[PDB]
Structures are given as structure tokens and as C-alpha cells.
Engineer: 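Here is a structure with fentanyl.
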Amino acid sequence: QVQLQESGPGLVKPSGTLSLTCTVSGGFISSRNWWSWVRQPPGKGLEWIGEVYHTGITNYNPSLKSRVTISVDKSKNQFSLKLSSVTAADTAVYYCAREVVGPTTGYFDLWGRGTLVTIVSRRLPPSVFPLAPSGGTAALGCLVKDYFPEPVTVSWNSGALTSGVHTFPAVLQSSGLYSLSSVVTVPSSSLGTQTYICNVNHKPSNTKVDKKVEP
Amino acid sequence: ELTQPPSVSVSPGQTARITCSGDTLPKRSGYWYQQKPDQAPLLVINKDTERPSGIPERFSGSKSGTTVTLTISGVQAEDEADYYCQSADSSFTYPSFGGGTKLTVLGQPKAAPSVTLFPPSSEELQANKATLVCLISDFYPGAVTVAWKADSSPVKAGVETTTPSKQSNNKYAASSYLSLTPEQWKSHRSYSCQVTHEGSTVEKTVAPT
Ligand SMILES: CCC(=O)N(c1ccccc1)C1CCN(CCc2ccccc2)CC1
């Protein structure tokens, strides 16, 4: 089966150019299908950007048409998107997708996983504070305080610790800044001897911290 | 333009109907996608009425001229998702999408919240700041009230609380943050987070080390 995978920078400066590439595997760019980009701002609906045929013929959303370039590269089996003069309205998850196009109708039959691209203007790096943790179970965590914009990712022990992890939705404070907490529930018995590290990454401000959480 | 309702809610086992209306549907047909959080859309109904082979039999589609309908019989909790209808414009130049319909599945069992309360970290206090963090999880329905106390007196200023949000296991989570000066923190004997849910309260207390 054909698979699609987006790649490219997740952060763009205002007025800069968003650049993404879709690697097609399992099948050829050359085919009866058209190739396309669709985006979805967080919490909003789907918006089609445009489509390209393997020969290079393009067709774009007329509300974007002045800023969009879609290209195909059969030697690498890829098709690409450039979106110029970006603003905050371009922050979105970008999907590549395969279209089935007949003489009178079309639809989408295959989608990439989607990649978030954020247009970063103002930004603020968070502080990361440990939330230190008897019998029973124990809660410990990390507070990621006062960052902008979203998002932050949190993992624990480099992704090795998954069970019992709950990273809470961020709060938007009256300050206009975000905070969030990530908590893991562990056996009280593992505390004396298991090391717990929360891996925080706020890419808009290049804040990448691995914070040890100790009693 | 395609028009679909922003929300539909159904009880488990009932039949959900989501309509999509637009003048292009007769010639350009309608296609339905299901989309769950952090996932790409998935085609569930092709060309008005066709069900793709991997899609459960309870999904079906119908057409009624300038309306098309997605019907889910015997709705399950797993069907809660956004649903998009899609067509094309009258000149067959571009796709059109509806705004999406959130399907909510009602009738989950009530569940009382768990509450964890953390004091300020030593690192924060050294930065001349103090935050108490009250984390509230695994409750249903998705309404809670949080009250903070300094000793036993109510604290109102410096409070930030999220609106409850649905977790992966279909129960809700919320969090509440109390900002203090380190002088406030050390002066009182303790602070407490009181979480009220459907008339029952759970309280947690913390104190300076
Ligand atoms: C003779 C030219 C022609 O036929 N076209 C065209 C027009 C302008 C510029 C390049 C090509 C078509 C326009 C429509 N797209 C499909 C739109 C779509 C996609 C996904 C779901 C629904 C609809 C296919 C190519």
C-alpha cells in the first residue's frame, strides 16, 4: 500500500516561507491520482491548499493562489509545498493527501500523518520546575510555567516511561502565557531507586530541558 | 458551500444522523470523513452511499438531492469524533468541505475526581515565585468547582483554572494554579485545594517544609 509522510521545518518566521515535502512510498508519483496539501488550524476545520498532477500541472485554492507553490520530483518520488509571506493565520497542521479524481467528482483516499507548522513571532521560554512526590502509589511531575506560543511536548525517561503518565491540557493565563503540568503515578516503592526525568521541549523558544524529579 | 450542523449528540446504542447540504451535491456527490484527535481524516462513506471495506457495517450514507446524510446505527463510544462532508464546486475546480460536526456520545457513568496538590518547588522559591498546582482527573460529568484556602480562609486572587477537557479514557481532566509570593507561602500554616463535583468535595492540603 502507498504511504505518505510529511517533513520539513515546524517553525517559520513571519513573512518567511513555509516549506514541506511529502515522501511517497509504496507507489509511484506517476499515476492517475492527484497529489494535494490540506491544512487544519488547531481546533478548526479542513482547508484545501492545492493539488498537483505528476506532469506538474497545478491548481490552487484561489484564496491562497498568490502564495502557494506545489511541485513534484519524480526522481525522489516526492511532492512539495511552499507557502510564502506567512502570518499567524498559517499556523496549522499540514497534511499531504492523495486525491482520486474522476471526470466530474473527486475525493481524498489517503492522508499523511500531519505535521504542525507554527509561525513564531513573539515567544517566551518556560521555566521547568520539578513537582517532587508511605506505601500505595505516589505522584510526581513537572511544571512547565509561562511559555508562548503553544505547544510544549513532555515525555518521561526519554519515552521509556509511558504507563501512568498524564500530561494535562495547558492553561491560558490572564497574562496571555501558557502553563502546563505533566504527572506520572508510580509505585511508592520505586521512588528510592528509580530515577525519573521529565523531557520538556518548547521548540519555538528552543527550550529543551531534561529535569530530574527527586524527593 | 456545504452546511453541516456543528454538533450532534446521541446516547449509546441510538442512531446518529448527520446531514450535509449544498447545491453541488447532486452533480459532484458527497464524501464523509471521520477524524479523531491527533489523527488524519478517514473516509467512511464514498460517493454518497458506498462503505469502504474496512469500515464497520453500522456506518451508512444516503442522498436526498441537495442534502446527503451519514447515519451511524447502534452508536458506540468509539464513534465520538468530528465528521466532515466534502464535495466540489459547481465548476469542478476545487473541493469544498463542510465545517465539521462533532458527534458527542452521552451516558458515560459518573466518576468522582482524583485530586493531587503540589506545593512550590524549591527551585521556584529561589526565583522568588511560588505556584501551587492542583490536578484533577478521571471525573464525569465535565463540571467541577475549585476553591482555594489559605489556612481556612478563602483565596480568590491569583487563581487560574482550566475548563475541563476530555481524556483518552473519556473522563475529564482539569487543573488549577494558585500564584503566591514566597512571603504568603511561608506565612500561613497550610494551603488547600477543595474540588467539588456533583455536590461531593475532595480536599488536599500542603504546607511549607
Ligand atoms: C482541464 C483542467 C482540469 O480538469 N482541472 C484543472 C483546472 C485548473 C488547473 C489545473 C487543472 C481539474 C480541476 C479540479 N481538480 C480536482 C479538484 C478536486 C480535488 C479533490 C476533491 C474534489 C475536487 C482536478 C483538475
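Order of the sequence lines sets the chain letters (A, B, ...), proteins ahead of strands, with each chain counted from 1. The figures here come from the full heavy-atom set of this structure, side chains too, leaving out hydrogens, waters and symmetry mates. In listed order, ligands and their atoms are each counted from 1.
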Engineer: So, counting contacts under 4.5 Å, which chain has the most with fentanyl (ligand 1)? Name it the way the PDB entry does.
Structural biologist: Heavy chain from Fab of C10_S66K antibody
Engineer: If a contact means heavy atoms under 4.0 Å apart, which other chains contact fentanyl (ligand 1)?
Structural biologist: A, B
Engineer: Heavy-atom distances under 4.0 Å are what count here, so tell me which part of A/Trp34 touches fentanyl (ligand 1): side chain, backbone, both or neither.
Structural biologist: side chain
Engineer: Return yes when at least one protein heavy atom is under 4.0 Å from atom 1 (C) of fentanyl (ligand 1), and no when none is.
Structural biologist: no
Engineer: Which option, B/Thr93, A/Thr58, A/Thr104, A/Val38, owns the non-hydrogen atom nearest atom 9 (C) of fentanyl (ligand 1)?
Structural biologist: A/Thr58
Engineer: What molecule name appears for chain B in the entry?
Structural biologist: Light chain from Fab of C10_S66K antibody
Engineer: Heavy-atom contact under 4.0 Å between B/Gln86 and fentanyl (ligand 1)?
Structural biologist: yes
Engineer: My question is simple, although I want it checked carefully: is atom 24 (C) of fentanyl (ligand 1) less than 4.0 angstrom from any protein heavy atom?
Structural biologist: yes
Engineer: Does the protein place a non-hydrogen atom closer than 4.0 angstrom to atom 5 (N) of fentanyl (ligand 1)?
Structural biologist: no
Engineer: For atom 13 (C) of fentanyl (ligand 1), what's the nearest protein heavy atom and its distance?
Structural biologist: B/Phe92 O, 3.4 Å
Engineer: Among all the protein's non-hydrogen atoms, which is closest to atom 8 (C) of fentanyl (ligand 1), and how far away is it?
Structural biologist: A/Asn59 OD1, 3.8 Å
